[PDB]
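Note: structure shows imipenem (open form) engaged with Beta-lactamase.
If you read the sequence from its start, that first residue is 1, and numbering goes on from there. What's counted below: heavy atoms across the whole structure, side chains too, no hydrogens, waters or symmetry copies. When a ligand or atom number is given, it counts from 1 through the structure's own listing order.
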Amino acid sequence: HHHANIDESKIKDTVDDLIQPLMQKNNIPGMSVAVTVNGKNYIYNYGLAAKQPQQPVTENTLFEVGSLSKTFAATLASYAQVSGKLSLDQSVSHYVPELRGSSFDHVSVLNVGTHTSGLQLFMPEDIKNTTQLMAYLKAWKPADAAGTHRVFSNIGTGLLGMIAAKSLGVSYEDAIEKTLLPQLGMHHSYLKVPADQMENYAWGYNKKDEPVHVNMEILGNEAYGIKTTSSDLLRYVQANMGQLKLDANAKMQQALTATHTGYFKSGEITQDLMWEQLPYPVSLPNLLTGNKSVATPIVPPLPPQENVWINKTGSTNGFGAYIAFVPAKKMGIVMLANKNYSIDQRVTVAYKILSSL
Ligand SMILES: *C(=O)[C@H]([C@@H](C)O)[C@H]1CC(SCCNC=N)=C(C(=O)O)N1
């Protein structure tokens, strides 16, 4: 029930007024929006996780988050770094000996953590196993030297997560589901959704409005494997702002914070470890203009800041996700949808909601 002067109702009015038209105009079946401010959390669910038979979005609905998954690979690499197992400045072939003598002698772990190796966006469809992947990587050359340009890459994020996990002595899937997500308290976050949660796994709806789930291919866990709830992602946002006890895991807090280090500038955007940031306050135009480019190194790296807007978009064929948070304001938003709608609208709605707080 609505109550004037009560936090949850004031925020709900703002969120409803933006999300209901957004869902109508884009024919988005279902969304969940989670907001944190002043140490308090608010979760709003809209519409349908599935159309036939109908299932509503609930607190337990799982959405695919696409390239938001890359921030977990970065957090894992950062955890390995702060634990003394990984140096970001070292070469990929230092950690992957089969690539020694290849172009990966000249690509750093930082490059694959910042989209500056030059590897292309999509894994080639005919690469099915590790032998084929290594043969491809050993024979690969970019047109420009590593460190010169920013090219968003699922392959690069794959290498980042693989190297981080190996440096901890485990597979990536183990590192994420047995180490990282449990230490973050994200108990409804998965690379593979278990049987008791399938009833909660929303269907995605593609451009033709067909129900779809993402197909997991080689190195896909690193780049697009996460399925999660808005509540778990809001915990992740709070952890990224140092707000949670985190079971006294000092190394994990340091790992999260260190992913916000600013390593390259492209246009107006600062590239962190997978996260992207802009100075705060942000104007909507610069946010929108932010969504190969020349990459200029920031050296020494920009330390993790408070006065910034940190964000990440992610999509799959059937889903569209967005996170933004402002550490100086201890505020953040997670928007999950089971339809891939345009990034300009994600950032505009998030900006309007956070501005209202
Ligand atoms: C991620 O959503 C897909 C991946 C699952 O194939 C692609 C498309 C995007 S493009 C850059 C988004 N800009 C700012 N946040 C990426 C990605 O790395 O974000 N990979």
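- Copies included, the model assigns imipenem (open form) to ligand 1.
- Listed by number with element, the atoms of imipenem (open form) under 4.0 Å from a non-hydrogen atom of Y224 are 5 (C).
- The entry models a covalent bond from imipenem (open form) to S67 OG.
- Taking every heavy atom of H115 and a limit of under 4.0 angstrom, the matching atoms of imipenem (open form) come to 18 (O).
- When hydrogens are left out, the protein atom nearest atom 6 (O) of imipenem (open form) is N154 ND2, 2.9 Å; that is the closest non-hydrogen contact.
- In the vicinity of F122, heavy-atom distances shorter than 4.0 Å reach the imipenem (open form) atoms 6 (O).
- Comparing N317, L121, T313, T316 by heavy-atom distance to atom 13 (N) of imipenem (open form), the nearest is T313.
- For atom 5 (C) of imipenem (open form), the closest non-hydrogen atom of the protein is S67 OG, 3.2 Å.
- In the vicinity of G314, heavy-atom distances shorter than 4.0 Å reach the imipenem (open form) atoms 2 (O).
- Not a single heavy atom of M274 sits under 4.0 Å from any atom of imipenem (open form).
- Looking from atom 18 (O) of imipenem (open form) to the surrounding protein, the closest heavy atom is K70 NZ, 2.7 Å.
- Ranking the protein heavy atoms by distance from atom 19 (O) of imipenem (open form) puts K312 NZ, 2.6 Å first.
- Polar contact check, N311 against imipenem (open form): no nitrogen or oxygen pair lies under 3.5 Å apart.
- Residue, atom and distance of the protein heavy atom nearest to atom 14 (C) of imipenem (open form) are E276 OE2, 3.0 Å.
- Heavy atoms under 4.0 Å from imipenem (open form) belong to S67, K70, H115, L121, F122, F152, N154, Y224, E276, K312, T313, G314, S315.
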